[PDB]
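The model presented next includes cinacalcet.
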Amino acid sequence: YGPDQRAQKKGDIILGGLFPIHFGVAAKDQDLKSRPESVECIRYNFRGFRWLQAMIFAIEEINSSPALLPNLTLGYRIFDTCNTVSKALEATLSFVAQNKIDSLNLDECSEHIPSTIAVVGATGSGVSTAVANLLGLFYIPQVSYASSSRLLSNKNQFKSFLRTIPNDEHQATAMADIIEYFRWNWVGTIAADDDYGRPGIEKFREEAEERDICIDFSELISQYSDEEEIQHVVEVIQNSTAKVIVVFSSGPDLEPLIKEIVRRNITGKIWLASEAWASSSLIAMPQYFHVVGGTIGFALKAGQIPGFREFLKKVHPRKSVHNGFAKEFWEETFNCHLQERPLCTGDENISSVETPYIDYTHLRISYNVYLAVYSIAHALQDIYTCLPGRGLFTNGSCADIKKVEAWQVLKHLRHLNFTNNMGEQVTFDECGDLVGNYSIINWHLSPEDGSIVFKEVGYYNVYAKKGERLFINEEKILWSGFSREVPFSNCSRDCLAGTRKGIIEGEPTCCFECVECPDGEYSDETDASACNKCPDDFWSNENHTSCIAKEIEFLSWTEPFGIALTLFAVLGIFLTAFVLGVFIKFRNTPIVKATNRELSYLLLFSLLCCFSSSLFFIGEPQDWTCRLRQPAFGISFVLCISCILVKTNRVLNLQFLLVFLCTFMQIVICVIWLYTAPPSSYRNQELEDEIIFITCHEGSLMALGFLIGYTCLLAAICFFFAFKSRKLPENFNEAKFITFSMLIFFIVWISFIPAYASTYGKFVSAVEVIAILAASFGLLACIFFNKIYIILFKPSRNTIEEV
Amino acid sequence: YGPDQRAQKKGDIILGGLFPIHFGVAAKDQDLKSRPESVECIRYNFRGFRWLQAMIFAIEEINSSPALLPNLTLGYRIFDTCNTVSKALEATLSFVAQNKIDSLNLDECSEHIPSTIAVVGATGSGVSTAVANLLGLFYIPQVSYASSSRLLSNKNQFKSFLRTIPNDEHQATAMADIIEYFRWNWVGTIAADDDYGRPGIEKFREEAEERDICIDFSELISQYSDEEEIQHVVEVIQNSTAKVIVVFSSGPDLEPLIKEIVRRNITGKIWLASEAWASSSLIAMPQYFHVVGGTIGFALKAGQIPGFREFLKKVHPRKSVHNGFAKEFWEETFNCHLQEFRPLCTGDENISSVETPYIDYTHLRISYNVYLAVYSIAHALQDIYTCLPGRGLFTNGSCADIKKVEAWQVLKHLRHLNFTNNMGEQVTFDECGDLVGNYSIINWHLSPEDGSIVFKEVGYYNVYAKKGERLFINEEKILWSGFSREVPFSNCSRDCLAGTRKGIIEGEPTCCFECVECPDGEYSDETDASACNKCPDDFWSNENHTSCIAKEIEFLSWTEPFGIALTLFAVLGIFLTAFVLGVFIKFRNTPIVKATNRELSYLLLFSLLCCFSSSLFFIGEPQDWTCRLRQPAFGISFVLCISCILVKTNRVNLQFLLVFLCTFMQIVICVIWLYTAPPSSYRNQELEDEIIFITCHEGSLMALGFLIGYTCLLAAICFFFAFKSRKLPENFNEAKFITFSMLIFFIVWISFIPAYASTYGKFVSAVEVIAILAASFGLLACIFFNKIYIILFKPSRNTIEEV
Ligand SMILES: *[C@@H]1O[C@H](CO)[C@@H](O[C@@H]2O[C@H](CO)[C@@H](O)[C@H](O)[C@H]2NC(C)=O)[C@H](O)[C@H]1NC(C)=O
Ligand SMILES: *[C@@H]1O[C@H](CO)[C@@H](O[C@@H]2O[C@H](CO)[C@@H](O)[C@H](O)[C@H]2NC(C)=O)[C@H](O)[C@H]1NC(C)=O
Ligand SMILES: *[C@@H]1O[C@H](CO)[C@@H](O[C@@H]2O[C@H](CO)[C@@H](O)[C@H](O)[C@H]2NC(C)=O)[C@H](O)[C@H]1NC(C)=O
Ligand SMILES: *[C@@H]1O[C@H](CO)[C@@H](O[C@@H]2O[C@H](CO)[C@@H](O)[C@H](O)[C@H]2NC(C)=O)[C@H](O)[C@H]1NC(C)=O
Ligand SMILES: C[C@@H](NCCCc1cccc(C(F)(F)F)c1)c1cccc2ccccc12
Ligand SMILES: C[C@@H](NCCCc1cccc(C(F)(F)F)c1)c1cccc2ccccc12
Ligand SMILES: N[C@@H](Cc1c[nH]c2ccccc12)C(=O)O
Ligand SMILES: N[C@@H](Cc1c[nH]c2ccccc12)C(=O)O
Ligand SMILES: *[C@@H]1O[C@H](CO)[C@@H](O)[C@H](O)[C@H]1NC(C)=O
Ligand SMILES: *[C@@H]1O[C@H](CO)[C@@H](O)[C@H](O)[C@H]1NC(C)=O
Ligand SMILES: *[C@@H]1O[C@H](CO)[C@@H](O)[C@H](O)[C@H]1NC(C)=O
Ligand SMILES: *[C@@H]1O[C@H](CO)[C@@H](O)[C@H](O)[C@H]1NC(C)=O
Ligand SMILES: *[C@@H]1O[C@H](CO)[C@@H](O)[C@H](O)[C@H]1NC(C)=O
Ligand SMILES: [Ca+2]
Ligand SMILES: [Ca+2]
Ligand SMILES: [Ca+2]
Ligand SMILES: [Ca+2]
């Protein structure tokens, strides 16, 4: 009844089992020249035999214990799948022989042909899919220990499939979390071309696309990939700059690629291993460690089966009548031949040979096999202890254990809730899945043995909230097996401050160019997509990483030039005040009485007014400061000129009013300009990019020009009268002064436009304040220095009458 | 045995058949409260029954024709799959009952049914995978007509699977070609969660990422997706700006989402339908044309089966004894209930009256595939029949006995099959059991006459062409979204412009970008650009940053309002100096001119000539020869003038020797400065970025400073020697006039310091060409004015009048 090599025992209820005892089938090409024969299997699987023994041990433990299924013995019929759909399908056809016989009406034997109540499912997800398609026809519940494909959660197609292993959605999310944790964004993916690698790679692709992770390459491999595809994938890996490779595959499918990569000696790659090969003895070979060393993988939660190791050590080909795979196990363990290659004596010790069979540190899928067997057993017990009237069937009817059927066991397995030997609650959700934690391991080299050790470096809590599932202790991770520094696996290096991201055409967003910011903008953060513009009166620092205020530039009172000009003007005001004091003190003197005593007082008052008005130009330019800047000096200077002309007006109450009339025109022009186009406070920043120049535009230039021309007119009118008086030195020869006053005014303000009409910053104010001070000082000196010297420094020479 | 309803005919050779006569199973909630009864099917599939009739017609035509398998009749055993794995697996168990009895050795019915030797395959790719897993166990060939998944090309798993339909790799490549043809880069993808949609959308993902197409979303749908999943898919669809949605699905799995989208009235989307639902009656209903109208899809090559339509029209529930589905076909067509409230089927109705997809077709595409699969099996059988011994395909050149043929021999002959179909083309399966074929491209329109959706051919796909030339599309025949004739826009962002660049948006793919404007000095001219280009020197970016123009050259020259005035003033000065020379030359034999010196005055006049001429050296564009002597020219000339003028004072021919000695040191230092480090025409571009100044350097700046210092010291010495001589009225008090000349020169060459230091550019030569001639005028119009005016108009007031 099916394959010759089997492990079967009799009992009241028979449970089927499918384990990979070989890694695959012989690669003999069927040319169909002769009728095809059964294809042999090649490489023994000690781990798979351990899984089979876990199933057998669980069933024997159940039978020994009288508290679970009293007066009912459990049987089994376990076959070898060789990781192939064909072998497992032959075994499954053996399993459903009675169900198919009765459904197909082909009986038109009963004691023989035992009926399988439940099947402990396959390892591979494709194998489990193929088996479940046939098993769901008859509603035989199938509990898998290792198939973690999310495609088996579809209960519309797989009506009777449950599993004691978490499906791969959480594992793909966990790999995405691992990549996000180490700040990687340039990765490549490799997956097996089966129902396991493809959905997991797809889920990882979705998760990583969410987290702004860029996948450089994505290739598919298989156990039967020929030289061309393996070479192509090797070249794809070699060309890629991504160091982190995410692999969703098993051992047998990844073996050819790893062998080729070792042959071509590709090093420096970081491998993110799925659970199927993270603990695989096919790839964790020491000779491959220079390639696959430092692999970060996933491992399920380890379980505790108390008397399991003794059961494993007790296997013997002669004393294992029920287990048929024991003979081949002995032959492959001790490298001999059994007769019912040397001849095995049958007295060897399995502890003297190193194999995965007993040289294990954690039971992960073995505990899953145990849990699946115990789940079926507990469902059967729930059937047995059903109190009538409270059943799960129609009208609360309870099934009979003496005539139980597969669909009733399946119904009870859906509503199953029991506690395992580790105290945890074992329950299948609406999709038949069994959620569980993940462990995180790293591949190291054992210094004492030279083999590969799996060092736990973290875990993955599936019961935590999003973003709190992953914990990694990076201090325990040896990158590439030797290093202690986190590798760089970004497409491009980060852009520093003052630099932005530039697009590389035809490449993902993770690959960019660093472009310096323009001089008008800045960028402070690392890896910024744009340079923020410097706002308001700010400018960019020489490295465009900060904003620096645009310097406001002006003639300050505290500035050295401003200090000098203010002190010089104050000294002039003090000097004219002193001259006034001497004049009033010595008012009773014929020399002063000879000149216009009262009018000279108005002249010197206007002189002091001009000296003070010179201080208007220096300082902070406000609207009021430069509103009365030009016209204050205008009126003061025209008043001084009018006073000088009237004092010299010897050719003529009639003098003070004449001066008032002369200054009335100037005051009228000034007030007309003020009411029409008042000067404003310019804020000129568009002269130097980094400097703000605060000036004061005169509003309408025509009014200022007209005022200046008018002042020149009242200067030239006095100049003509002064010129003719050079031959008449009557009042102590004042012709040499009045001519000199107009001359120095004209010279100072004619020798100053090249200095004036050259600057438009702050020197345009200092130069013109210097011009005002110089003209006023010249006027003061010429008019009053000689007169005050004659009055004071010449007391004896104080002649009563002049010429 | 097996399914109750079936089509069955007895013969020497029996062919299995799997057709989806129903669209699915009844949505029954299996609570397992009662023993699970066989689930029933609900919706009828007239296309599936047409396919079944195609198989039956092919077998009947083969039997009638004596040129194919003479003296041998073909039987069939055809079952309904209802698009479900379970029903097809029941049918496959019926198919392999005999083989599996032989293998299981359960025979420990003599002829329950003649052994099935071939099975014309299923429709769904998952259903075909499930059936092929079981059929490959017994090496029973399976020729599918519709399963086009690339997973079935794996001959390591599917040993006996062949198909008359091409796999979907070419169709996904064709979707990528269509997307790139209309220049889209922002598309969404929807696939069916089965073995057809998933690998197809994965191949499309690979191809689209190869062509720089960005996929926005990627969702999976199913016939049994609940309301939550459909709702989430709908919000994902309408939360996106991608207008093109590429769908790899069938009619049943896409119906729920389409119905929901119609319910929520989402319009404007472009549908890229795969072959499975491009012609689906489930989706092509007129109610949905406002959503799925204007769909661009794929279709295979239609084939011509001559007498097929008559065979379809000849169906009858009472004359078709072999066909068991004919009764249900009649019931579903005429909406009645045949004898064993709906009316009673009299059996005299006309099938041509009712509009069902049965005979209402325009192109047999999968029906031709069914016909071709049957004929492929028949031709392999014929090849077995007409084999001459010694020229066979088996071990010793032998071949099988057709009277006892086995399924594996038929499979072997099908691998090496090469025959010509009725249409005259070669039918052969490659190493993967695949038939390569062309694709057609159709568009969903609306028929104004009937309202039904019509599939208008708008292109094709040529899989026998070189890569890149496979796609051909006639856009003028495409009605976009069913009404519009404008190609839709489905890019993530609008394209940039010329004077702008691309800006990275963080978290969005490379197809989504900003349009940051290029900064000043850099330009771009392409439609889109990832970086701003900068042209080389002598060029600056335009006002729109599109192109960059020549950096205009700024310097002092002629033919401008400033240069013309300066050269006019220079020629005026040379004119008055020539006039003065003529006055001194004509009236040379007079005592007046022979007051200071009769000949040294001529040397001074020549020096003034040279000083005036040196002013034109500063007005030209600085060349090598220009300003290597421009400053030396004025230096030497003015030193000569001062050397003449201080000797011109009397009581100092030793005068010429003294003048030459004074000028010799200046000439020597000028020659030394010129030879050691000559000033060079330096190209200046640092003051203003948009324009370039052509200035010239000075070489040894300290040499120039020393030259001007020597000149000013000599002038100061001349002024000092005339400082204490204004009393004597020698030669009409020339001491006062030389004092005036020296003072004028000093004010002109001391008042330009702020102009020189502040302003840099073209107005550095202008301030020189206005000061040089001003100082020269002061020297000329003061020293010689007192003599030219004396002897110009007056009766020369002389003969030692004041000498
Ligand atoms: C590689 O790129 C990632 C981005 O994908 C960088 O991660 C960023 O790191 C900075 C500071 O370390 C964080 O402020 C960002 O939030 C991170 N971005 C993301 C998306 O998480 C990582 O730093 C880069 N590594 C190197 C070496 O440059
Ligand atoms: C799954 O992993 C989580 C996280 O490691 C485990 O939660 C821990 O449980 C132990 C014992 O109950 C506590 O002492 C710790 O404080 C928990 N850590 C947490 C909550 O972060 C959990 O026990 C594991 N197993 C299950 C079945 O949840
Ligand atoms: C597939 O499509 C191509 C192109 O549409 C077909 O090639 C045409 O073949 C006919 C005759 O067979 C020629 O008259 C045309 O000029 C061809 N068109 C081309 C090359 O563009 C081809 O016949 C179709 N079928 C197959 C099986 O290849
Ligand atoms: C959508 O984007 C694509 C590419 O992102 C644009 O296609 C480009 O079109 C221009 C001119 O038609 C060609 O020169 C390029 O070679 C095309 N690029 C590619 C990758 O094919 C398309 O024009 C855009 N459509 C818009 C903006 O409406
Ligand atoms: C202080 C000045 N306001 C603008 C200066 C224009 C200027 C700058 C440089 C040179 C010259 C000048 F040569 F034309 F004088 C004018 C001012 C205000 C009011 C009356 C004035 C009368 C005479 C002179 C200046 C006057
Ligand atoms: C033409 C003139 N070259 C100006 C040099 C810099 C400068 C620019 C503006 C002002 C001054 C100065 F006031 F300091 F002189 C110097 C020059 C050439 C050779 C000899 C000269 C002797 C006297 C004056 C000018 C002389
Ligand atoms: N999960 C894998 C099977 C698997 C899990 N762990 C393993 C360890 C070894 C071998 C296979 C496995 C699958 O679905 O195919
Ligand atoms: N190609 C589809 C089957 C298919 C083709 N055309 C169809 C039309 C209707 C229904 C199904 C189909 C698959 O792989 O499964
Ligand atoms: C990888 O690199 C090799 C050698 O540089 C080159 O021939 C090949 O085209 C590249 N790409 C792939 C996919 O192999
Ligand atoms: C392979 O590469 C490693 C570098 O890690 C080097 O140590 C070793 O010698 C190489 N071996 C061969 C056979 O190239
Ligand atoms: C869709 O967008 C709305 C608002 O525009 C938001 O509330 C909702 O969460 C989004 N859903 C999805 C699936 O994007
Ligand atoms: C659906 O939308 C179309 C156009 O977008 C409109 O003509 C029609 O009336 C709408 N129907 C309903 C029921 O909203
Ligand atoms: C099939 O046979 C024809 C001859 O009729 C030949 O031209 C063609 O090459 C053959 N095809 C193959 C794949 O051998
Ligand atoms: Ca028990
Ligand atoms: Ca690319
Ligand atoms: Ca025939
Ligand atoms: Ca994103």
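Chain naming is simple here: A for the first sequence line, B for the second, and so on down. The numbering of chain A matches the PDB entry: 20-127, 131-362, 392-703, 722-872, in order. For chain B, we keep the numbers from the PDB entry: what you see runs 20-127, 131-362, 391-702, 722-872, in order. Just the heavy atoms: all of them, side chains too, but no hydrogens, waters or symmetry mates, feed the values below. One-based numbering, in listed order, for ligands and for the atoms of each.
- Every copy of cinacalcet considered, the relevant parts of the structure are ligands 5 and 6.
- Ranked by contacts, the chain bound most extensively to cinacalcet (ligand 5) is, in the PDB entry, Extracellular calcium-sensing receptor.
- Contact chains for cinacalcet (ligand 5) (heavy atom under 4.0 Å, other chains only): A.
- Segment by segment, following UniProt's transmembrane list for chain A from the N terminus, the ones with a heavy atom under 4.0 Å from cinacalcet (ligand 5) are 3, 5, 6, 7.
- Residue contacts with cinacalcet (ligand 5) leave out A/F821, since none of its heavy atoms falls under 4.0 Å from the ligand.
- Looking at A/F814, A/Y825, A/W818 and measuring to atom 1 (C) of cinacalcet (ligand 5), the nearest heavy atom belongs to A/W818.
- In the deposit, the organism given as the source of chain A is Homo sapiens.
- With a cut-off of 4.0 Å on heavy-atom distance, none of the UniProt-listed spermine-binding residues of chain A is close to cinacalcet (ligand 5).
- Near A/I841, meaning under 4.0 Å from one of its heavy atoms, cinacalcet (ligand 5) places the atoms 1 (C).
- Binding site of cinacalcet (ligand 5), heavy atoms within 4.0 Å: A/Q681, A/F684, A/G685, A/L776, A/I777, A/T780, A/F814, A/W818, A/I822, A/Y825, A/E837, A/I841.
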